[PDB]
2 protein chains.
Amino acid sequence: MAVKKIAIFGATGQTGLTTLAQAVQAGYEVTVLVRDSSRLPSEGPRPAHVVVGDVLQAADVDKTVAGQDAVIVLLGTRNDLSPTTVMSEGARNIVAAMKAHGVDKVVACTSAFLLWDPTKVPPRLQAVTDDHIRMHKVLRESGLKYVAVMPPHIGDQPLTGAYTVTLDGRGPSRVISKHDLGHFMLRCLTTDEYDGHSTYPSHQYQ
Amino acid sequence: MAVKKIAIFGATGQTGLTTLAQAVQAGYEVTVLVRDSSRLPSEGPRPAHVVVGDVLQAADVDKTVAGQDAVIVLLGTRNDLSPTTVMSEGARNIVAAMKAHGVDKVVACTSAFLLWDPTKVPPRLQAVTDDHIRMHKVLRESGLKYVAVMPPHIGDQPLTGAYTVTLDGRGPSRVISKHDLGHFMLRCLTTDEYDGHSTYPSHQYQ
Ligand SMILES: NC(=O)c1ccc[n+]([C@@H]2O[C@H](COP(=O)([O-])OP(=O)(O)OC[C@H]3O[C@@H](n4cnc5c(N)ncnc54)[C@H](OP(=O)(O)O)[C@@H]3O)[C@@H](O)[C@H]2O)c1
Ligand SMILES: NC(=O)c1ccc[n+]([C@@H]2O[C@H](COP(=O)([O-])OP(=O)(O)OC[C@H]3O[C@@H](n4cnc5c(N)ncnc54)[C@H](OP(=O)(O)O)[C@@H]3O)[C@@H](O)[C@H]2O)c1
Ligand SMILES: O=C(O)c1cccc(-c2noc(-c3ccccc3F)n2)c1
Ligand SMILES: O=C(O)c1cccc(-c2noc(-c3ccccc3F)n2)c1
């Protein structure tokens with residue numbers, strides 16, 4: 001495997017769990033950063049390496065990025081919609097670690113709202129969207145090989161591998177399953193064609 | 001009251017650098033206060049005068065303000081996550097220096113958080129916002145002609161000169177390009193219509 005060692009940030013989350021399971025099945029040697037109170041579930045897939053800590057500590061992010069081939073970022077705030085900088089500050093630490101350790105490839109999830117007319121973004125989701133905007137600027141300005149993944153609504157539909165990938169604009173559907181989103185994050189490790197683009201994965205489940 | 005000579009504080013920052021560049025291209029005689037002159041670009045537009053020192057040092061601020069027609073303030077304490085007083089103590093020094101030298105016009109950047117509910121502030125930005133509020137009060141209470149510039153997200157989009165300014169709060173956008181923000185700071189030197197007002201610049205790009 002050319003890319004074989006990967007860090008996943010947010011592996012315990014909705015998309016992270018199925019991304020982790022798919023990566024382990026595909027032969028990746030996965031390192032995760034998990035907060036001490038929220039470890040991976042007991043008998044799901046086991047990653048190769050676990051760092052317990054916080055993306056808001058540069059030291060913990062450095063430990064997680066060291067020695068990787070690539071980084072996948074699925075940070076988020078679960079059902080909490082309050083103002084936050086955890087995604088943007090976490091990305092700042094991830095950028096600094098990747099530069100210090102010679103890692104170039106980062107595939108990172110923000111949101112399709114970065115491609116919406118700003119006056120149409122739902123106000124209830126605007127605090128989170130603000131930090132996605134901050135996070136995207138951090139990653140775009142870093143000079144790293146950054147794939148900006150900007151999904152629409154994340155659902156519980158199957159893994160299909162059959163989704164549309166729209167470059168630098170909104171796509172033709174308004175959902176992507178969490179499993180297909182994770183599949184796409186991993187696909188981005190095997191190609192350079194999305195580097196420096198925004199990507200909107202979406203599908204019609206039928 | 002033609003403004004020819006300005007001081008810029010914060011000229012090495014993201015907004016400061018493009019404000020300086022635009023000011024030099026437009027013809028202003030610019031004085032900057034920098035802690036490290038090697039953070040100024042060695043090519044292209046350069047300031048007329050460089051004072052090496054610290055905004056916390058009253059004598060360095062006095063040296064920078066002497067003889068100016070107006071002052072632009074683009075200070076920031078980016079890294080600070082917990083109580084900090086650099087911006088407000090700097091503003092106190094700038095105010096005392098402007099009074100001592102008969103400089104009447106100051107255009108200073110805080111943030112749009114000062115226009116929105118305090119609960120909108122991400123916890124890790126509360127300390128910077130608290131000191132923006134302190135700086136804003138220092139400048140409002142000074143009696144100087146003060147334009148308060150309260151931008152939302154500062155982006156990287158190319159200069160347009162086509163942004164909207166709302167004298168109080170809302171707009172097409174929660175983003176202003178750093179280039180457009182610097183353009184607006186300089187526009188405030190050529191008019192008195194924003195004196196004693198808060199301003200919110202924003203724009204929809206792309
Ligand atoms: N329809 C949607 O839901 C939708 C649509 C578009 C975009 N998005 C965005 O897509 C991204 C992924 O969403 P998701 O639903 O898969 O994620 P999620 O379930 O919200 O999971 C967030 C992950 O981030 C981890 N995390 C949070 N703070 C951390 C910290 N300080 N240190 C280390 N890890 C931290 C969480 O760990 P813990 O286990 O410790 O909490 C969890 O693993 C999010 O940014 C989201 O806003 C969602
Ligand atoms: N980032 C955003 O999206 C955003 C949004 C709204 C408002 N704001 C606020 O906008 C203002 C400007 O932001 P920015 O990103 O353009 O600033 P920045 O890139 O963080 O630059 C801060 C500037 O202030 C200088 N500075 C800091 N401490 C100093 C000191 N003791 N003495 C002399 N100079 C000092 C810095 O000098 P050095 O180069 O020597 O460090 C630098 O030039 C800030 O107050 C910020 O909080 C930012
Ligand atoms: O409907 C669409 O096209 C669309 C596009 C972008 C994002 C979304 C979206 N829905 O829930 C969320 C969300 C829910 C919980 C937490 C954070 C979120 F971000 N985000 C929907
Ligand atoms: O990132 C910082 O250091 C910082 C410091 C002070 C204010 C701000 C700020 N105000 O509005 C916003 C904002 C608004 C909409 C979207 C994204 C944003 F980021 N951001 C940021």
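Below, chain A is the first sequence line, B the second, and so on; all start at residue 1. Whatever order the structure lists ligands and atoms in, that order sets their numbers, starting from 1.
Modeled at ligand 3 is a drug that PDB records call ataluren. In the deposited model, most contacts to ataluren (ligand 3) involve the chain that UniProt calls Flavin reductase (NADPH).
With heavy atoms closer than 4.0 Å, the chains neighbouring ataluren (ligand 3) read A. Nearest non-hydrogen protein atom to atom 5 (C) of ataluren (ligand 3) is A/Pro152 CA, 3.5 Å.
Note: an N/O pair closer than 3.5 Å links A/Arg174 and ataluren (ligand 3) by distance alone. Close contacts between ataluren (ligand 3) and A/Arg78 involve ligand atoms 16 (C) [criterion: under 4.0 Å to a heavy atom]. Both criteria (UniProt NADP(+)-binding in chain A; heavy atom under 4.0 Å from ataluren (ligand 3)) are met by A/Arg78, A/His153. Ranked by closest heavy atom to atom 19 (F) of ataluren (ligand 3), the top entry among A/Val121, A/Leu115, A/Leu125 is A/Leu125. Of all atoms in ataluren (ligand 3), numbered sequentially from 1 with element shown, those under 4.0 Å from a heavy atom of A/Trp116 are 2 (C), 3 (O). If you check which protein heavy atom lies closest to atom 11 (O) of ataluren (ligand 3), you get A/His153 ND1, 3.9 Å. Using a 4.0 Å cut-off to heavy atoms of A/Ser111, the atoms of ataluren (ligand 3) that qualify are 6 (C), 7 (C). In terms of protein heavy-atom proximity, atom 8 (C) of ataluren (ligand 3) is nearest to A/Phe113 CZ, 3.5 Å. Within the listing of ataluren (ligand 3), atoms 6 (C) sit less than 4.0 angstrom from a heavy atom of A/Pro151. Per UniProt, the active-site residue of chain A found nearest to ataluren (ligand 3) (heavy-atom distance, rounded to 1 Å) is A/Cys109, 9 Å. The entry names the source of chain A as Homo sapiens. Counting heavy atoms within 4.0 Å, the binding site of ataluren (ligand 3) comprises A/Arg78, A/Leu81, A/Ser111, A/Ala112, A/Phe113, A/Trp116, A/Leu125, A/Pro151, A/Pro152, A/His153, A/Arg174.
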